[PDB]
Undergrad: 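Notebook entry - examining structure containing bortezomib (bound form).
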Amino acid sequence: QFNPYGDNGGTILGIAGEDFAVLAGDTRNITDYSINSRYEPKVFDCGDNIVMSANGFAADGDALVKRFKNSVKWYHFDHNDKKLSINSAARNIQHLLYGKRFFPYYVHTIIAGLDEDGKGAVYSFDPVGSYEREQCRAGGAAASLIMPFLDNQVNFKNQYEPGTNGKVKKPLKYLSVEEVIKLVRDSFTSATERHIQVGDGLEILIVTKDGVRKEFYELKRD
Amino acid sequence: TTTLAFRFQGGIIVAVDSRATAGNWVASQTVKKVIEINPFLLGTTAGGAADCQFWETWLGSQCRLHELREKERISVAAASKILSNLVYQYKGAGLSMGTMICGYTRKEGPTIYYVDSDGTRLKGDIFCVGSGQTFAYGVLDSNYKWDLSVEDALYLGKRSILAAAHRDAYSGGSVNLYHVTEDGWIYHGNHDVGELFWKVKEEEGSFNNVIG
Amino acid sequence: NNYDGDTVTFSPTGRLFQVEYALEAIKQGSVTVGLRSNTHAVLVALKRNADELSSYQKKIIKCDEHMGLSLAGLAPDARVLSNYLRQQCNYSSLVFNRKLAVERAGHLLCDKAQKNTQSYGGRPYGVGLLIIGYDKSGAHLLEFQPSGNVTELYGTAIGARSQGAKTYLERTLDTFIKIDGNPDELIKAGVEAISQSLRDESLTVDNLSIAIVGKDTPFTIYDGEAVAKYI
Amino acid sequence: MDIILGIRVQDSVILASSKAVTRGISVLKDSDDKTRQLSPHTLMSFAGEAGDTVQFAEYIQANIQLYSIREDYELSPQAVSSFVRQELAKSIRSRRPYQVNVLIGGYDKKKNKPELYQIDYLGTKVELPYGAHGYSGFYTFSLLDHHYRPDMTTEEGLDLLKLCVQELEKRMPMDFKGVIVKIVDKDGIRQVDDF
Amino acid sequence: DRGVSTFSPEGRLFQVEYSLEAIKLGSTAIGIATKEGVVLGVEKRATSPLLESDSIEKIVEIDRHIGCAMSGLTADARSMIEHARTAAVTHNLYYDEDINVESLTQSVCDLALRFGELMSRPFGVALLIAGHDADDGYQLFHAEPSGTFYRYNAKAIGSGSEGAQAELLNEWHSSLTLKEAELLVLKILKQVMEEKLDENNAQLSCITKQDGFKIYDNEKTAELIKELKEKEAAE
Amino acid sequence: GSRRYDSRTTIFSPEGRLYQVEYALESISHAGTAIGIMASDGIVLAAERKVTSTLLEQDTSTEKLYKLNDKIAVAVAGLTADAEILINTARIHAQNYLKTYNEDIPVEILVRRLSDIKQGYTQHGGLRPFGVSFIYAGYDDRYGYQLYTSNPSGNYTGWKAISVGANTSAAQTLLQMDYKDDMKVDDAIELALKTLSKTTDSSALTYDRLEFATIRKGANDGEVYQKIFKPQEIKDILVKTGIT
Amino acid sequence: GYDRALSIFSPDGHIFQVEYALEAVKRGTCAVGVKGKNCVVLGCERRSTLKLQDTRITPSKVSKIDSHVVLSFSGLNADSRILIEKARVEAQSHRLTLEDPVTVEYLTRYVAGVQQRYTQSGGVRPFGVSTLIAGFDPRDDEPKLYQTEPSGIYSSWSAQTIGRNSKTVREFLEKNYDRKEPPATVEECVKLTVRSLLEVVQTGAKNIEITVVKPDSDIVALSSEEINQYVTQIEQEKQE
Amino acid sequence: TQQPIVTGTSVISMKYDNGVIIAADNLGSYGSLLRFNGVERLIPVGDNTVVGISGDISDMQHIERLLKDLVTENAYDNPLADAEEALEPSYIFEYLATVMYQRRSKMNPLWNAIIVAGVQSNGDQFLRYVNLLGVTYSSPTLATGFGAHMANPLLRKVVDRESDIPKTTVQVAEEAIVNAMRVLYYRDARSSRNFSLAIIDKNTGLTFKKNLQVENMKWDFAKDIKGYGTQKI
Ligand SMILES: *[B]([O])([O])[C]([C][C]([C])[C])[N]C(=O)[C]([C]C1=[C][C]=[C][C]=[C]1)[N]C(=O)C1=[C]N=[C][C]=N1
Ligand SMILES: [Mg+2]
Ligand SMILES: [Mg+2]
Ligand SMILES: [Mg+2]
């Protein structure tokens, strides 16, 4: 019997800052126990200061990104070159995903950018289009490894202040872009160690009011 | 998921948990399981996240079109039936939805309709829906009266979700409270279970089984 | 006379009157100019208003990052045809990862307009288009007529009093073609060309509409105070 | 849903239908009315798969009400039962059949006779002095075979119905939360509020 | 006979030009756009005194931020309004935002030329579409059965249009207040109307950013009519 | 294109009349006269065959009176071929109703259905209307004995006594004169034949130029019998009433 | 399919097919609608050219759309049946989905929308029918009376007439009907409706039909004798 | 949905400093039967692209006809068909990728794995993979089937990352490809000795080599191998 789905591995990570947002993803692409590519870009600049990644089955992932990029283009044509806001992009993506509710895009989608108040924004989707704005989200194969670490080190979960002993929580101080990139790099290094589908390279897209910047880092190739 | 809604003297109380899971994996603790359809209509979500959220968001569009065409707000009966008739068309296709449509109108008063993906549509005073519904029913049925104060009714709803959040593995995160009156719904905050449990345990003297 | 009731009828001299009547709608439309060099291609359009309270009807439409057109005649027909071009440009990009050639874009418009001139029930398009673009073979300018005839040109003009601008470009042919790597001077030549078609009225800030595409220049439209520089 | 009963006596038809609605391990409601008035002298009770039951009942209701307005005339119970049967017979060979069993209790004003029709989801119609759908008949038919007489009064019919419900409450595993009883006679349809 | 989509020798569609003549016979509708809001006003024109005038609905809500006034064969407007409302709500569903007034107008105008031998003829009604969005602010559009739409600072359509438009030419300026616009619509309506203007045979409405689209009560309009009479008698 | 040759069969005149309906009625006015008379104990249907021949096989012929079911019959005035199309549709409709409700179709419901079909041809489709007028004679347990008529417009009305086809003006005046409410079938038979005998364009009214039928409760106990008269039976009733 | 555009504009901006449909309404028998304080009455003319009619079975002029709404008309009889059938279907459909019977305005808007659709659809002619739709909204005691016409425009009326010689009866109603104080009772409303028809009808025998609609689905048609009593009382007062 | 009948095995490829190399054997297998010994599985498109196809041969021949038709269609009303508006490797690939993903979405796939190798207008090396699922990826070395498991490891020792491409000559690259083809003949039970090789260079253009054979094989050591453990004779 023909199986229309496959698993290309990989892992992605979005973190929303106070006036910035990052969307990271490893550059490894796999099937079963083989490496297809050590550098296959997975996070994309879709225009209007929005970055996107659809992790899981790469064919569906590419198809969805391609269709969303198309949606941005036609949004400009139909509405006098108006900038597509991150919240509007998120709702549009829900309809793209739910449109194939009974033959789903087998992907975990994350977009990142800035909201209309200039604050950092990350939105996260399931395969059939349910979405939610979040301060923090990891997606893909090693999501189960990375998310708990982010609950702890980004939202200070289960952390309290010394001397008080469980009475006073650790205050939720904001994180700079330099501080976030450190957490992203450590997240992927840790994931690479214990997950076989994660490695080769890490590509981070940083979104600010100035635009979209890129950073690349080497990961273990075994 | 644990969601409830009940009619009483001061209108309707709606209370939901916040957890979403994929198998044993906790996918989210911050899910909004109450949907603000309009200033007077609320919908609860249980089952498939996308199904509930797509079609209840869609329901709001149909309700808005009704009041544009008819120059009059839609009844809770009509709003609930739009959703039940819609899911009935899809019956067998595999939609997974358990919802309450809660609202107030002049002609109806406070009204709750249970609507689900099998096509079942039921009007009632009390409903609990989701994997932790039985746990919520225990607290609700033993403490429910028509003559409850808004303050006491809210606490009962909050406490019933807490009970289910504790015992049901697929419920938890936090409690969202709503209070629906003659003049519309009123949000009453997000209540983290991690803080609410210990607060209730100490003040109420309950959960003596657990050590704190 | 007896042979102008529909598009499916030749006259005794072999003419299609409904097509000719559609051509007449273009002559009633406001003037628009097109011209190009080797590096850039420019559209200049005189926008028309209903009255002093009204806005000035938009004349230029973007089809892709590297292609767009200006219209003269029935604006809704230009919307239908420009929408078709957008789709065809988009099909080329999605399926072949290939920017649509301006020459091929003209061929597609020709064939679409033709079907409306040979079939019963329908009608010819009532608009003329000037398509500019920059593709793998450099800058291009096309003139579309709703008869189906599409023509590649160095420069041209369509609409009311368009003969004046067309004569100017015919004299200036050797000069403006050489304006390479200088967008402002190419626009100047286009603004000076459209000025030959003006009577009574002159080019004001909300009257003029300019568009440009080139080597390292995406198709962009200039309106309002952005064209005050060229007045 | 679960239990629906019917009994035709001298001058009326009595329908009894359970109040429980159960999904999984929870009784969501204990006051559900599993019936629709099709016309002033015709009542239909129903039981089957969730959603299908109400959808079918209301669809039939709308069609009979439409007929009533168009002709300014009430169809006979026999005519209504035949219409319902055809819809179910049509349904059973559809893409997704109506999974609904019904009892139709009506009083024919022309013949001055009560009439009870039992129709299952396949479109199997029978006219009966007493009827039931599901596992109800496995208990109630033996009692009715013994006690039923054709000249019973409405009050005697209700007493015989109480004996059926008592037996069901004793021997059936499911708690169906009692029954709503409705009487159909020459004066129309009314509900027995205490049972 | 002749085709429905036939061009005249002058290069105009016969049917479109004929529908414009039907619109000239219609009751007057006036719109004025300001920085404080857009005002829409109409002549009701009841054919008989027994006709309950409040049932005459020539001003209509499309969304909270978009209103609409009509003139001509008003029955034809119903499917246009239904499409507008659906387009507005559908865009909110797809994009979680309000739809631009221009985009809404464009969607309505796309129906216009969908006629041939689709519907059998063009619409016999013109629309004044007024609204507000965050990008282009307060806007007023005139949607015709030709498929063309012009933006206007002020516009009159219907039987007394050219007379009203000439009056709007002189009166309109960029610093008009909402109150000044309300009175100006009432003034010009009173001028072109056959019967004497009152709260029962004329209707006002407006669209503001804060309160959205609102049809004025007959009690509210009556005061503005009384305020108008006094200020005209003042000089 | 094709528009050039379209007659436009479904349009109004400036006066607000349907051209084709009016012209179809003009056609029907030249057809053989058909008369229906309703009595307390039954209904009579009488009709005149148009200028026949001696070589026409009468006993197997049927151009006027048709059976729709056991309870309902019709008299035809107009194009016979058009009528048979509608008659077969009506027969099917009656059977559809019987299958659905397990009861014989009420007369008016059958009449309304056929009348709606005729109406459709006047409003949409661009086809010519049916050049037919019917007299419906039928019985049901709601209204008892009923007479209706329908015409190409699709409009139908109920009658105590009515004529269609040729000389209806003269025929209706004669019926209006001699008809009474307490009338019986045997009397109605006589009235029908006498009316035809005076309005006929022929020199004399004979058995070979007639079709005749009755719908009687004159059947053994509470039931209804349709009687399509045979040539010899028409000859006998003509002698009985004193016309020949 | 037959797609010919029958309803089209003319040089002077008129749709003649819609206007000729109004002429068919002008030919139709007169129909009148009058609403009182707590009732609405629908009067209808029956032309007495047709005797030997069976009044039991002949299609009545006033048709129930639902238990609380009625519809009368002037114009082509065959056309009216199509509108009535659609209206009846829509009434049941509304009850099924909204779980509430139609308002009189909603039903009118639907019927009017059907009529409009037939003025710009290919291969169809407009309905040669104008309707009077009357009744009471669910759980409401305010009387409702609406009118529709072939073009598809509709509106509410305190009192209105349509059909042949409607100009005359409208003249009567305009001077006799007072808005500040409408017919307070059923008697007063019926009397005014019969009076208005007597300006046009000819004989007051079987030529006048009256139907009274009251709140909470209370609809009844008056008999010949009941109407004849109104006819008798009106003329006896007139002899003065 | 179907099953592949007549099948082709590995297609292998890599980038080098001035272009790309691609290779595939000439076998058309019918299950375990080595049925057809003269099947060309490298199909050139113009003078700048070679499409290597593995998997179902009936679907390969269909794809071959699509590409042939693509060239014909591109020439229509195109004066620059042999110049600026000629078919690029990127155009050819994207077309195939669109078809492959469309066909898998209708649950009726072209049962193939495809590698498009070529050189673009600007001289850039093009090498990208697509298969029956519509999955696509690019890498300095690409291989299908058994080649993925055995050829890639060998080819990646030559070009391990992007920066190794300019350091790799055509002689070194071809040597690595030919060695990989030998290894596949040792170890793939559905391979043949005969193969085709294609080089697309930005300077010297398209070089298509037919009727190549695996040579310099090591088999002599087999004589010393006796029994399966204890046997001495
Ligand atoms: B609740 O448990 O029903 C919950 C409500 C929903 C609105 C989030 N549903 C889920 O958690 C479901 C799984 C499920 C668990 C228990 C009973 C029924 C269903 N999960 C999802 O819908 C989901 C959504 N996104 C990611 C992962 N899982
Ligand atoms: Mg390894
Ligand atoms: Mg619905
Ligand atoms: Mg059975």
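Protein chains get the first letters and strands the later ones, always in sequence-line order, with residue 1 at the start of each. Contacts here are counted within a displayed part of the entry, not across the full deposit. Order of appearance sets the numbers: ligands from 1, and atoms from 1 within every ligand.
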Undergrad: Please list the parts of the model that make up bortezomib (bound form).
TA: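 Short answer: ligand 1.
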Undergrad: Tell me which chain touches bortezomib (bound form) most, using the name in the PDB entry.
TA: Proteasome subunit beta type-5
Undergrad: OK, heavy-atom distances under 4.0 Å: which other chains does that catch around bortezomib (bound form)?
TA: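 Heavy-atom contacts come from A, B.
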Undergrad: May I ask you to list the atoms of bortezomib (bound form) that are less than 4.0 angstrom from any heavy atom of B:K33?
TA: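 Matching atoms, with element in brackets: 1 (B), 4 (C), 5 (C).
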Undergrad: May I ask which of B:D51, B:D168, B:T21, B:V26 has a heavy atom nearer to atom 15 (C) of bortezomib (bound form) than the others do?
TA: B:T21
Undergrad: Do any N/O atoms on B:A49 end up under 3.5 angstrom from N/O atoms on bortezomib (bound form)?
TA: yes
Undergrad: Look at atom 7 (C) of bortezomib (bound form) and say which protein heavy atom is nearest, naming residue and atom and giving the distance to 0.1 Å.
TA: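 The answer is B:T45 OG1, 3.5 Å.
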Undergrad: Purely on distance, is any nitrogen or oxygen of B:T1 under 3.5 Å from one on bortezomib (bound form)?
TA: yes
Undergrad: I keep forgetting - what name does the entry give chain A?
TA: Proteasome subunit beta type-6
Undergrad: Below the 3.5 angstrom mark, is there an N/O of B:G47, backbone or side chain, next to an N/O of bortezomib (bound form)?
TA: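 By distance alone, the answer is yes.
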Undergrad: Which residue and which atom form the covalent anchor for bortezomib (bound form) in this structure?
TA: B:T1 OG1
Undergrad: Help me out: UniProt bortezomib-binding residues in chain B, which have a heavy atom under 4.0 Å from bortezomib (bound form)?
TA: B:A49
Undergrad: Which active-site residue (per UniProt) in chain B approaches bortezomib (bound form) most closely, and what is the shortest heavy-atom distance, rounded to 1 Å?
TA: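 Per UniProt, closest by heavy-atom distance: B:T1, 1 Å.
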Undergrad: In the protein, which heavy atom is nearest to atom 8 (C) of bortezomib (bound form), and how far is it?
TA: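 That would be B:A20 CB, 3.6 Å.
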Undergrad: Write out the residues of other chains lying under 4.0 Å from bortezomib (bound form), heavy atoms counted.
TA: A:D126, B:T1, B:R19, B:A20, B:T21, B:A27, B:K33, B:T45, B:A46, B:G47, B:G48, B:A49, B:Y170
